[PDB]
Structure formats: C-alpha cells, structure tokens
Amino acid sequence: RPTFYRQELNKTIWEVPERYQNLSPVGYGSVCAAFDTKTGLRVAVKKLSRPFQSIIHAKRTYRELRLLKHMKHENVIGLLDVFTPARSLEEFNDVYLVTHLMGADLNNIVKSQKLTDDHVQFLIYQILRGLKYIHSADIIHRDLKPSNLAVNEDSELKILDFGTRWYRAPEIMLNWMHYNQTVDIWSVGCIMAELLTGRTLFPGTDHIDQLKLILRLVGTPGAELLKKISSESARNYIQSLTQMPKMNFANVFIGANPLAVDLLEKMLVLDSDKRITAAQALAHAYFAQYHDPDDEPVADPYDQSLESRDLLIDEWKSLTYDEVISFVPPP
Ligand SMILES: CNC(=O)c1cc(Oc2ccc(NC(=O)Nc3ccc(Cl)c(C(F)(F)F)c3)cc2)ccn1
Ligand SMILES: CCCCCCCCO[C@@H]1O[C@H](CO)[C@@H](O)[C@H](O)[C@H]1O
C-alpha cells in the first residue's frame, strides 16, 4: 500500500499516492494534471464527483470504472491507475482515475484547417482502428466528435468520452429505438469530411436544420429504407417530402483523393444497415499505407448486463470497491 499525501484542490481535499507529483487543476469529476514519478509520464488524475451519493451515481461510477479497466488498445483511452485513500469498504467514499494527460483534442491540433490527404489517412485510420476494438467489445460510442478525440502533436490519437450535434447519426437525432454500431461510422464520415475540406460537413442551427442539411447531401429516404420505418407517423411524414437525389460526392469533395471520396460514400449512407463497418473500412484501399490486418486487435467482450441492473447504493458501492482492489496496472 502506497503512502498518500493530502492537499486542498478544486474546493476539496485530494488524497493521493506520492508517485503523483505537483497536482495542477485543469478541469462526473474534477481533474488535475500531475507528474507520475513511477512512469515518468504527465497524467490526468480525476477525482470522481459524489460517486456513491445516489444509486444513479454509484451505477455510473461502476460502469465507468469497468469500461475503462477493459479498454486496452493504443487508440482508445486506458486506465493507468485507479486508487482510493480508503483502507476498508466501510471508509470507501472516493475514487480517483489516472490516465495519460490529454492536453489536446482533434480541434486543438487541426484548428479548422484543411489537412493533407496523408495526414487524414493517418488520423482516420487510427479512429477506425480504435473503433473496431470498441465495437468488438459490443460497445457503441454514440457521441464521437473532435472533442472526444485526444491527439498529441505527433497526431497519435485516442478515442475517449469526456461525458454540438453536428457529428451525430440521423437516427440518433430522431431518437430511433435501436442503433447499430454504424452510428459511430456516420460520425467518422463527418469528421473525415471536415479534415479534408476545413469545414463542418453539417453545421445545423438546430435539430431540424441538422436533418435538412443531411438530406441535402445524402438524399431523402429511398423505397428500401422507407420499408424499414416502424413509426406510422415517421413513415407518413417521409412520404410528404419532395424527393432529393443524393449528391455525387466526387463533386462535393473536389480534388480529394478519389479513394477518400469513395470511403466517404460508404460511410455516409442514410440507411445504417448499408454503412461500411469499422473492420471493413480499415481494409479499404484508402488506408493502404497504414493497414495491417495482424495489428488491428479486438477486445474480449465482457458482461454489460451487470451494468444495467437495478441495485442498492451499497451493492454498487461494494462492486466498485472490488473493481478498485482488483486493478492490475498496465505493462
Ligand atoms: C488535460 N485534461 C485531461 O487530460 C483530462 C483527462 C480526463 O480523463 C478522462 C477520464 C475518464 C474518461 N472516461 C471515458 O473516456 N469513458 C468512456 C466512456 C465510454 C466510452 Cl465508449 C469510452 C471509449 F471506449 F470510447 F473510450 C470511454 C475520459 C477522460 C478527463 C478530463 N480531462
Ligand atoms: C427523415 C430522415 C430519415 C433518417 C433515417 C435514418 C436511417 C437509419 O438507418 C436505419 O437504422 C435503424 C436504426 O438503427 C435500423 O434499425 C434500420 O434497419 C436502418 O435502416
């Protein structure tokens, strides 16, 4: 058991192992940057906010900890450490997560500029590779967007969720009851488009403006898609629309690598059943210089029905405690 030191930070007492040096606030929690003497890395230490105040908080704390503990991939956030000052379950009240210090997101690095095609291959390749891994764990991100992408000055990228609707799949904005993993692929298309052009693909002013802009690019639903609409009102409203043909992408993204355009076409199909998967996209000719089928790993999946239970606060609390005590730090 490590030696802890106390320090007032972010309006509370932080209590941390001495490996974590010179805490410096930066930000479900509050965050300090710190220097980890054990590893020599700059890190984010996140003191979780009111983790066991309510059933909802406790449940969310457990889901967060468990998810993070299982994410072990270069292009996805990982847990460097999780600790509590508590010595017993009975004194267990706080949870601190430790990750790499993530000081820049995709926006901080790209800055609204057009990127070179090679540069977009590398960034998009890395998103899809993380996403293959996430999707193999039977997880849907659901809110993938530049701000949820940590990127260092070497353009090395990690998907995370820090916890704008411009990158959201159309079905997510229409509160569709059930989603497939290709909601995230939509988001990737939106991001990819923007990296190539320097402009937000669908900058809607509100909900309806967002869909309008979408349908302008990808067309109104065709007959195949209309047949899959369960809602009689949604069905009958789509039949009220004046048909739009889907724009030819080749002429929306002029001068772009023809392969970038083709991948965009396979990503940004209105029918989510027809969108390319992450694994399929990694094998696309566009990533030829990056693709290695023997280094695009998948996750072992785990039991996410345990997260969706209806339990007592003290039940969630004790389950989160076991997850803290069982943590084994990475290589
Ligand atoms: C300079 N500032 C910082 O360095 C900094 C660091 C922070 O550390 C973080 C701590 C925890 C998380 N939690 C997730 O990311 N949870 C998550 C949920 C669902 C899904 Cl699907 C995923 C997945 F899989 F996509 F990764 C990840 C994110 C960031 C926070 C704020 N600031
Ligand atoms: C008027 C705007 C229409 C938006 C239609 C979005 C179509 C989404 O695609 C749909 O995804 C569903 C949700 O996961 C699947 O169950 C359907 O089979 C699929 O067609």
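Throughout, numbering of the chain's residues begins at 1 and tracks the sequence. Every number for a ligand or one of its atoms is a count from 1 in the order of the listing. The basis for the numbers below is simple: all heavy atoms, side chains too, and nothing from hydrogens, waters or symmetry mates.
- The name recorded for the drug at ligand 1 is sorafenib.
- Ranked by contacts, the top partner of sorafenib (the one with most) is named in the PDB entry as Mitogen-activated protein kinase 14.
- Measured on heavy atoms with a 4.0 Å cut-off, the binding site of sorafenib is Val31, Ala44, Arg63, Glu64, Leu67, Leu68, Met71, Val76, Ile77, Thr99, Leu101, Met102, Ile134, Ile139, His141, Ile159, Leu160, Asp161, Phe162.
- Against a heavy-atom cut-off of under 4.0 Å, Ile134 is close to the following atoms of sorafenib: 23 (C), 24 (F), 25 (F).
- In terms of polar-atom proximity, defined here as any N/O pair under 3.5 Å, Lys46 makes no such contact with sorafenib.
- Taking a cut-off of under 4.0 Å to the non-hydrogen atoms of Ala44, the atoms of sorafenib that pass are 3 (C), 4 (O), 5 (C), 6 (C).
- Most residues of chain A touching sorafenib map to the UniProt domain Protein kinase.
- Per UniProt, the active-site residue of chain A found nearest to sorafenib (heavy-atom distance, rounded to 1 Å) is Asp161, 3 Å.
- Every atom of sorafenib is numbered from 1 in the order shown, and the set under 4.0 Å from a heavy atom of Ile139 is 21 (Cl).
- Looking only at protein heavy atoms, the nearest one to atom 32 (N) of sorafenib is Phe162 CE2, 3.4 Å.
- Interface atoms of sorafenib facing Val76, defined by a heavy-atom separation under 4.0 Å, are 24 (F), 26 (F).
- Below 3.5 Å of separation, one finds an N or O of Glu64 facing an N or O of sorafenib.
- For atom 1 (C) of sorafenib, the nearest protein heavy atom (residue, atom name, distance) is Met102 O, 3.3 Å.
- Nearest protein neighbour of atom 22 (C) of sorafenib, counting heavy atoms only, is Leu67 CD2, 3.7 Å.
- Which parts of sorafenib touch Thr99 is read off a 4.0 Å heavy-atom cut-off, strictly below it: atoms 8 (O).
- Counting only heavy atoms of the protein, atom 15 (O) of sorafenib lies nearest to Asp161 N, 2.8 Å.
- In this structure, atom 29 (C) of sorafenib lies nearest to the protein heavy atom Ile77 CD1, 3.6 Å.
- Sorafenib has no nitrogen or oxygen under 3.5 angstrom from a nitrogen or oxygen of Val26.
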